[PDB]
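Consider the following structure, which contains temsavir.
In what follows, chains carry the letters A, B, and so on, assigned in the order in which the sequence lines appear, proteins first and then strands, with residues in each chain numbered from 1. Just so it is clear, the values below take in all heavy atoms, side chains as well, and ignore hydrogens, waters and symmetry mates. Counting starts at 1 for both ligands and their atoms, in listed order.
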Amino acid sequence: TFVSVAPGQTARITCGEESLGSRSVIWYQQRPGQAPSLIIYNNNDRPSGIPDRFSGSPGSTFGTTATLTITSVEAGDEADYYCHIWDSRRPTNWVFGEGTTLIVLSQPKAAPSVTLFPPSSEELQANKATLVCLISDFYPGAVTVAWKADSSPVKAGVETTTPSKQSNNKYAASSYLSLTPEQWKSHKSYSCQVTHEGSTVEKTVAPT
Amino acid sequence: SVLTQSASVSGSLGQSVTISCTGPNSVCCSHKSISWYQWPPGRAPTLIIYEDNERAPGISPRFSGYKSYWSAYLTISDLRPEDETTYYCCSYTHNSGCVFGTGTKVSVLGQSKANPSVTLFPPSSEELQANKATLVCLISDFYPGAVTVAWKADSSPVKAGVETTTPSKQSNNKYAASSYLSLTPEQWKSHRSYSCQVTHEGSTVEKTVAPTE
Amino acid sequence: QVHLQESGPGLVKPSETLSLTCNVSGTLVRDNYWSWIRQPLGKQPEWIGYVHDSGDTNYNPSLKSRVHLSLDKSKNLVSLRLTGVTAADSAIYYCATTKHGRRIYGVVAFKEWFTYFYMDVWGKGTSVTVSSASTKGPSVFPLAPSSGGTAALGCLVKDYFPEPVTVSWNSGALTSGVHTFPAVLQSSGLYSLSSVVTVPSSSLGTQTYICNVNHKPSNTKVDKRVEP
Amino acid sequence: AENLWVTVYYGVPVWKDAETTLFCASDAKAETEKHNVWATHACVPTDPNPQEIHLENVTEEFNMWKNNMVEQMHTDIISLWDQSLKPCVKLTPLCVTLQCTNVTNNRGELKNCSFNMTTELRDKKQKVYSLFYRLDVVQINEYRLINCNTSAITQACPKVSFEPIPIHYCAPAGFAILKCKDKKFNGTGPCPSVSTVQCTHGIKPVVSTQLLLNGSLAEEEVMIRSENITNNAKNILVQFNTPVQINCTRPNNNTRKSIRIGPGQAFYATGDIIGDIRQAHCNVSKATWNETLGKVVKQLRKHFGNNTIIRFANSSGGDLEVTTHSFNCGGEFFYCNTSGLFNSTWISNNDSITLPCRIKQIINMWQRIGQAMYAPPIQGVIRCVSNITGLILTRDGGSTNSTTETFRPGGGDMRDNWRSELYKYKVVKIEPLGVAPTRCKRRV
Amino acid sequence: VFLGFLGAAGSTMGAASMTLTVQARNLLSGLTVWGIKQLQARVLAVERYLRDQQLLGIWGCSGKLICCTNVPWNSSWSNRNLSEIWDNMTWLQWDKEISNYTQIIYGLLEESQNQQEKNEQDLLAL
Amino acid sequence: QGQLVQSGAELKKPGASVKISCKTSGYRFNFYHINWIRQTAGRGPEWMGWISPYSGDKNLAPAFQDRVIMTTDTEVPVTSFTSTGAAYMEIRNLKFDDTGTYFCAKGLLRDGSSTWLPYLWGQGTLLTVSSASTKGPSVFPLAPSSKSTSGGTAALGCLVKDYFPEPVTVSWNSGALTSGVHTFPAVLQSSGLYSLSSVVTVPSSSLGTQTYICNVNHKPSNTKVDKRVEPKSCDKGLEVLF
Ligand SMILES: *[C@@H]1O[C@H](CO)[C@@H](O[C@@H]2O[C@H](CO)[C@@H](O[C@@H]3O[C@H](CO[C@H]4O[C@H](CO[C@H]5O[C@H](CO)[C@@H](O)[C@H](O)[C@@H]5O)[C@@H](O)[C@H](O[C@H]5O[C@H](CO)[C@@H](O)[C@H](O)[C@@H]5O[C@H]5O[C@H](CO)[C@@H](O)[C@H](O)[C@@H]5O)[C@@H]4O)[C@@H](O)[C@H](O[C@H]4O[C@H](CO)[C@@H](O)[C@H](O)[C@@H]4O[C@H]4O[C@H](CO)[C@@H](O)[C@H](O)[C@@H]4O[C@H]4O[C@H](CO)[C@@H](O)[C@H](O)[C@@H]4O)[C@@H]3O)[C@H](O)[C@H]2NC(C)=O)[C@H](O)[C@H]1NC(C)=O
Ligand SMILES: *[C@@H]1O[C@H](CO)[C@@H](O[C@@H]2O[C@H](CO)[C@@H](O[C@@H]3O[C@H](CO[C@H]4O[C@H](CO[C@H]5O[C@H](CO)[C@@H](O)[C@H](O)[C@@H]5O)[C@@H](O)[C@H](O[C@H]5O[C@H](CO)[C@@H](O)[C@H](O)[C@@H]5O)[C@@H]4O)[C@@H](O)[C@H](O[C@H]4O[C@H](CO)[C@@H](O)[C@H](O)[C@@H]4O)[C@@H]3O)[C@H](O)[C@H]2NC(C)=O)[C@H](O)[C@H]1NC(C)=O
Ligand SMILES: *[C@@H]1O[C@H](CO)[C@@H](O[C@@H]2O[C@H](CO)[C@@H](O[C@@H]3O[C@H](CO[C@H]4O[C@H](CO)[C@@H](O)[C@H](O)[C@@H]4O)[C@@H](O)[C@H](O[C@H]4O[C@H](CO)[C@@H](O)[C@H](O)[C@@H]4O[C@H]4O[C@H](CO)[C@@H](O)[C@H](O)[C@@H]4O)[C@@H]3O)[C@H](O)[C@H]2NC(C)=O)[C@H](O)[C@H]1NC(C)=O
Ligand SMILES: *[C@@H]1O[C@H](CO)[C@@H](O[C@@H]2O[C@H](CO)[C@@H](O[C@@H]3O[C@H](CO[C@H]4O[C@H](CO)[C@@H](O)[C@H](O)[C@@H]4O)[C@@H](O)[C@H](O[C@H]4O[C@H](CO)[C@@H](O)[C@H](O)[C@@H]4O)[C@@H]3O)[C@H](O)[C@H]2NC(C)=O)[C@H](O)[C@H]1NC(C)=O
Ligand SMILES: *[C@@H]1O[C@H](CO)[C@@H](O[C@@H]2O[C@H](CO)[C@@H](O[C@@H]3O[C@H](CO)[C@@H](O)[C@H](O[C@H]4O[C@H](CO)[C@@H](O)[C@H](O)[C@@H]4O)[C@@H]3O)[C@H](O)[C@H]2NC(C)=O)[C@H](O)[C@H]1NC(C)=O
Ligand SMILES: COc1cnc(-n2cnc(C)n2)c2[nH]cc(C(=O)C(=O)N3CCN(C(=O)c4ccccc4)CC3)c12
Ligand SMILES: *[C@@H]1O[C@H](CO)[C@@H](O[C@@H]2O[C@H](CO)[C@@H](O)[C@H](O)[C@H]2NC(C)=O)[C@H](O)[C@H]1NC(C)=O
Ligand SMILES: *[C@@H]1O[C@H](CO)[C@@H](O[C@@H]2O[C@H](CO)[C@@H](O)[C@H](O)[C@H]2NC(C)=O)[C@H](O)[C@H]1NC(C)=O
Ligand SMILES: *[C@@H]1O[C@H](CO)[C@@H](O[C@@H]2O[C@H](CO)[C@@H](O)[C@H](O)[C@H]2NC(C)=O)[C@H](O)[C@H]1NC(C)=O
Ligand SMILES: *[C@@H]1O[C@H](CO)[C@@H](O[C@@H]2O[C@H](CO)[C@@H](O)[C@H](O)[C@H]2NC(C)=O)[C@H](O)[C@H]1NC(C)=O
Ligand SMILES: *[C@@H]1O[C@H](CO)[C@@H](O)[C@H](O)[C@H]1NC(C)=O
Ligand SMILES: *[C@@H]1O[C@H](CO)[C@@H](O)[C@H](O)[C@H]1NC(C)=O
Ligand SMILES: *[C@@H]1O[C@H](CO)[C@@H](O)[C@H](O)[C@H]1NC(C)=O
Ligand SMILES: *[C@@H]1O[C@H](CO)[C@@H](O)[C@H](O)[C@H]1NC(C)=O
């Protein structure tokens, strides 16, 4: 479940089923690649360290779902939000409710900082060779790598990771091309063509 | 008392008798009511006549009253031996209280005689260890009520320690009395006998005890 | 402050027994409640059970007959056991303190209330992967610098299992410009990640830049010096 | 003259004790509309300016235990219920096997019963669920309604109300009602200050057990009344001078499912509960009840020796309606556990007290014959505020007497409910024909 | 003065004889359970009224409240006196003594009336 | 048609006060007045005043206008026509001419011209005003005598001597032998002490068939005496029968 909100506005998040009695909903926030943290306990009670911008629906309403309201949306709040339902009519829920990812808009485009690395001199002696193409600081995370042997693309041997953000608009993607020590000295140059939203950045490398 | 009755009045058995009850105009009898009562000395009175010529509940029709403009009268037809007592009259209205009279001693004549019964008692044994000595001379069943008691110390008039009560009416329409003689323990063992004389209409009765026996 | 750290094997064969440990630092393991949470990749967190002194310990109704918790007061740390593991138990197990609460709605006397819990101080978390494969030692290969006033420089870790691998630069003396990338699961069944650092072009010293690589499942610590 | 003559007199103040047919009176504001089960419309309005003549110099012997106004009201109320329930819906087809289950929550009590039911047509059935209290259902080896094996059941119309409104009992022409207006009177014996009235004061037909509610307050000291104190087989009616405060609530926002069970008939079932599953309760201030119980025991020592011990305990056993403080509160019938109010032991010399109450929807005629009623459920958290003006106490006939006496509550006979308000009234008939003698003779 | 209905119940018979029009003015007063309850009672009210009025009418006391008759007061009926009845006794206290001889006196009051009427018709014929 | 009972006889010194009660039973206490009349040696019977228990109206005589207070309690109903009540009287400034017997009387009628007239009286409470203290009596047994030799009768009794203020009653066998009792009044001596006598006439054939016990009670002194009269006489006229 995704709900995009413009920065500076107010955010809404729904989690859990509909209330059947008096509840005490516990809200959490999971930063991408980090550990979940406590946001609001007991429906609408914030501990020390959480600003008053976060407010949850009171557990005194019978029939409504747990709603998490976030005033003044910022790019830092872009993370996952899970809830823990404590219902007097329902048994104890040992599985958190399916979360909802907050999408901070107003982020048009980011330029990927690609970097190509040839195989090391210590690896060639091991009768192995592999090209490394690092891609970072790009938004949104949607890129497709296309290796080039001279002016001809390379089919098999291509290993590429999936984009993943790191607590910012920066995503991560790593492309690998498994070749042989005899394949490297064969062609004159190899390229790492990585397309972004509408651009195509390419870096080449030549043996010595 | 401001209300005057008859000091004494008499009447034979089976006849009637009238009692007067007069006084100043402030108490009798214009604009005043009259009531009669049978009040034996020492007992509880009995209402006879109320509201002038009206008898009280439970009163035999042998009584009758009449109030003039200056005095009221009470007529008791067919006299009874128990009627020989004192009668008082009251004057009252609807607002004021009562004002009794002087009283009337009614003596019903034509009754039978009654010789007195005298019994003298010597001092008891518990009294001789005190020590004192008292003679008890009781008189009863004598009519009318008028007797005199005289004591003697071994056929010698006594002029010290003599006392006698007044004749009192009994429940059987007769009178009773009593007399005592105060003597010292020395004269009880010095005299051969003591007597109690009781005079009644000339006939004098007497009883004698003997300390020597 | 309260610093919680988990440390376990990270790789357990199917139908065996998992043994984890939460090294506590900041408070006593007796004056607070403790709870463990696991989370599969791309799923929602699942509660496992809480543990406290005086025999206050409850298990998950779905994992009741397998889990066995304990608290080591003489060592000040939290333990965890899980017998008969399968492929569905592969998740990220956390260690967090628990503060209890009492939500009252009725008249109190008639037990018309319920006790709710919430974790406030989580831990860094440990990675546990369930598989019947053996652990392989990674092979580190240095990446030479190559290029405007700025230059790049990084290392490489190839063919290891399982995740993860901790990479540090200069033993932690370089936290500006480091961008460690996630690994890639090849067809052979071995992950491979990289790590680069943006340093100025005046790199020659020799400053002696070196990357520290550690792999807990294999106890492999390799130091490779990078030189142009 | 002296011989008196008989002279007839008309309109003499002479009366003798007798019994007649009494009627009612119900103010003018009692505009409540719809139609209450009793006094709405059906009763004669009350005189805006009632009249009460104090019979000076008159001393009369009353008797609350041999009064006929109690027997009339006791049976009049019974016939009033039979009259209001005659045209209401009959629930004979509701006696079907009930496949029940526990209520949705986390001592099960409420049961979610599903069953088949006849529709408007006489062919297809209807698989509709309900929610009956456990006291109204009984299993069989699935459940069944408790009355199906004893009595026929009829649902009370929802247009009527169970609220008691004041009803004044009046006597027709030629009769009169005497009111003993002395501040200390145990209901029996000669009355010092007596007065006459055509109608009694506002008496609300409240039917409660153990605890007397919304009644009349005693004057000066709390009054104690008993038919035979030396006989432990007779109840002891109590009356309070200062009323104790009691608050009852059913914290369950119920739902009314209108099921159609044929042509014209419509059964009102219980739907899903909105909110928490909370049981009904009644509160009594601990400060006030501590002073009232201590004020009644001071009057009990005037009948069982000055220096004695008095103990209070709950009911010994028997039926449910007597062992628990049962009554009505907004439509639902309660059955409150009274083990917290009679948990004391008095010798010769800070919030509230809550009671665990239960609710039944099927109630059987106290005549013991097989006619029961289904009380339609009420919607919303019900809340009633009532007074408690008296008690209905019993005494366990211990063989070791004159040691310590134990008092246990009770009830079961609503005649005592009417005796608590009809202790100061009795029926007499006026006979205006009286001869007397006087010196008056007519013509030739 | 004015005392109300039955106001002189405890007063003397002579004093209660003044309020004889007060207890007589309030002696008549002008299908569903509550509907037929009072209807059967108000029917018994006029029957109780016409029962005393019939006896009052046959005794020559039809339009009379305090009538005098020509029946000698037998001494066996508690021979009280004049100032002992009207000045120290209540009607409630008096009816208890004559309660035995109530139906006895009612038989003589009827013979005297039928005889007064028949003797009255003989005079007008002449 | 009831019964009025008064308090016991008390001895009060001149200058003090005395409270005489008057309990009623058998009639409505509020329907009749309560009159108080005394009778002394000087000036004869003297009515003092009455009081209406119903309203509380009092009417005192000019002679007792500023030294007598009358009070009545509330009526205690028993039946519809009878009840029980009590009336008191407080006379202050006692003198020597106030020695006599006091009576409380029930009213006659309720309405009319004789409503307060006294009709039903009590038994009377004797009041003695003197400075001498209460002295206990001295009961002495009397030896039987011969009343009739040919009739076979005798006479025995008890002797009460030296008793001050007089309220004295003499019974026999706890009120069993009341036939033939002849109690004579007392005598006023020169010292201030009275002394009466009692005697009962019984046949001579009764010796070991009846117990003679005279009960002399004197409440002012709070003493009761029970004497055993010896059936053996000493008269020479009665020994002829034994
Ligand atoms: C017969 O007799 C029996 C027994 O006497 C009686 O039974 C009683 O019934 C009543 C009502 O039926 C029942 O009341 C409930 O009490 C609940 C518990 O309240 C108590 O605890 C709290 C907190 O204590 C904790 O925290 C303290 C630190 O803050 C800590 O020190 C403690 O140790 C403990 O851990 C306490 O604050 C309460 O104090 C209240 O009472 C005082 C008088 O005694 C009063 O002076 C106080 O002001 C206070 O009243 C309120 O004050 C502010 C407003 O000024 C509110 O914000 C507070 O919340 C107080 O209510 C008590 O000591 C209580 O939670 C219940 O109220 C919640 O639940 C109902 C039903 O579900 C909801 O409708 C309410 O809206 C409310 O829901 C809010 O609170 C809960 C719990 O925090 C949250 O989970 C909800 O999300 C919601 O909070 C959010 O929404 C609200 C919406 O307005 C918003 O304002 C908030 O900011 C938030 O965003 C309910 O009041 C009582 O327990 C029960 N038993 C007893 C013994 O009394 C029967 O009723 C009697 N019957 C009859 C007929 O008479
Ligand atoms: C209930 O029962 C009770 C009791 O059974 C009954 O009360 C009795 O009522 C009857 C009448 O029905 C009363 O009988 C009458 O009493 C009249 C009152 O007497 C007058 O005189 C009193 C004395 O005054 C003198 O003394 C004072 C000093 O004390 C001095 O200053 C005066 O100048 C004067 O010298 C006086 O105190 C008394 O006052 C009372 O009454 C007035 C009202 O008038 C009241 O306001 C006062 O507060 C006070 O209570 C009164 O003035 C008496 O006059 C009357 O006699 C006349 O009437 C009869 C006819 O009834 C005529 O035949 C006669 O010729 C006179 O003209 C009559 O005797 C009786 O006394 C009451 N008490 C009893 C019986 O104990 C109630 O009525 C009953 N009530 C009911 C509803 O049933
Ligand atoms: C001892 O004596 C006390 C004092 O009288 C008595 O308290 C009374 O309790 C009863 C309930 O037990 C109360 O009756 C109900 O009161 C509620 C709330 O009243 C509010 O509204 C009125 C204005 O109407 C205000 O004056 C008052 O102050 C409150 O604010 C009402 O909501 C109830 O109405 C229903 O019932 C009536 C009669 O049955 C109907 O005429 C009415 O239409 C309602 O019925 C229907 O209403 C809806 C349709 O409009 C429908 O959806 C519903 O489902 C329902 O079918 C009712 O009047 C009473 O008010 C209390 N007394 C006082 C003075 O407030 C104790 O009960 C008594 N003890 C015992 C044991 O009897
Ligand atoms: C007493 O017992 C009765 C049973 O006899 C209960 O009545 C049942 O109540 C449950 C509520 O939990 C009902 O189940 C719900 O039905 C809803 C209606 O379904 C309609 O819509 C679907 C299309 O979506 C149609 O195909 C269908 O024909 C209906 O027209 C569903 O929408 C509900 O789904 C929700 O809950 C599930 C729970 O996992 C979620 O996963 C879903 O995403 C969704 O949010 C739900 O299935 C049931 O139908 C009722 N049955 C009857 C016969 O009434 C009473 O509630 C119970 N009362 C008490 C007090 O215990
Ligand atoms: C729904 O109902 C279930 C019932 O199964 C309920 O789970 C139960 O909770 C209670 C208390 O929350 C548990 O009882 C505990 O038992 C242990 C001994 O084994 C005690 O040591 C515990 O005492 C601690 O907790 C108390 C909670 O009030 C504290 O007051 C106390 O001081 C101690 O800190 C406690 O009594 C019971 O074991 C569980 N049952 C199961 C099967 O786990 C659940 O809480 C209910 N949920 C809701 C939302 O209503
Ligand atoms: C429940 O009572 C009936 C049920 N059902 C019927 N009928 C069904 N069909 C027919 C023709 N009658 C009834 N008839 C007369 C009835 C009664 O008066 C009657 O006994 N009480 C009504 C008054 N009361 C209560 O309020 C009450 C109070 C505290 C606890 C329990 C009940 C007592 C019992 C009657
Ligand atoms: C309500 O009626 C239906 C019939 O339409 C019942 O369903 C039958 O149940 C019996 C056993 O109880 C089975 O043998 C039948 O096969 C069922 N289907 C039929 C008869 O068509 C249902 O059980 C009833 N519900 C109750 C009794 O609660
Ligand atoms: C009991 O529940 C009903 C329905 O579940 C509540 O009725 C609602 O009342 C609110 C305002 O009070 C309205 O806005 C809703 O539209 C109503 N619901 C429906 C379906 O109409 C009722 O308020 C509840 N009562 C209590 C005391 O909580
Ligand atoms: C019963 O309920 C009444 C009213 O609901 C209570 O009276 C209230 O008392 C509080 C004090 O705690 C006051 O603040 C309110 O103003 C009162 N209400 C009214 C309408 O005056 C009463 O205290 C309750 N008693 C018990 C024993 O619960
Ligand atoms: C009424 O209340 C009393 C006491 O509150 C209840 O007695 C309890 O019974 C249970 C068994 O059901 C015991 O476990 C408790 O110990 C008892 N309490 C006490 C204080 O002894 C009683 O069950 C309740 N219900 C009835 C009908 O009496
Ligand atoms: C009865 O009263 C009359 C009044 O006229 C009176 O003459 C007569 O003596 C009274 N009789 C009795 C017995 O009191
Ligand atoms: C926890 O820390 C202690 C000391 O810091 C150490 O001895 C122990 O090995 C640690 N736990 C694990 C599981 O390594
Ligand atoms: C009261 O009961 C006792 C014993 O139960 C009995 O002896 C007596 O006759 C009854 N009636 C009373 C005391 O008036
Ligand atoms: C009066 O009553 C007596 C009854 O004692 C009766 O014998 C007598 O005949 C009655 N008088 C007349 C005239 O009938």
Checklist entry - Counting duplicates, which ligands or chains stand for temsavir? => result ligand 6
Item to check | Greatest-contact chain for temsavir, named in the PDB entry | outcome: Envelope glycoprotein gp160
Checklist entry - Which other chains show a non-hydrogen atom at a distance under 4.0 Å from temsavir? => result D
Checklist entry - In this structure, which residues build the binding site of temsavir when a heavy-atom cut-off of 4.0 Å is applied? => result D/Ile78, D/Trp81, D/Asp82, D/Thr154, D/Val207, D/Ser326, D/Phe327, D/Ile363, D/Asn364, D/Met365, D/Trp366, D/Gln371, D/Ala372, D/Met373
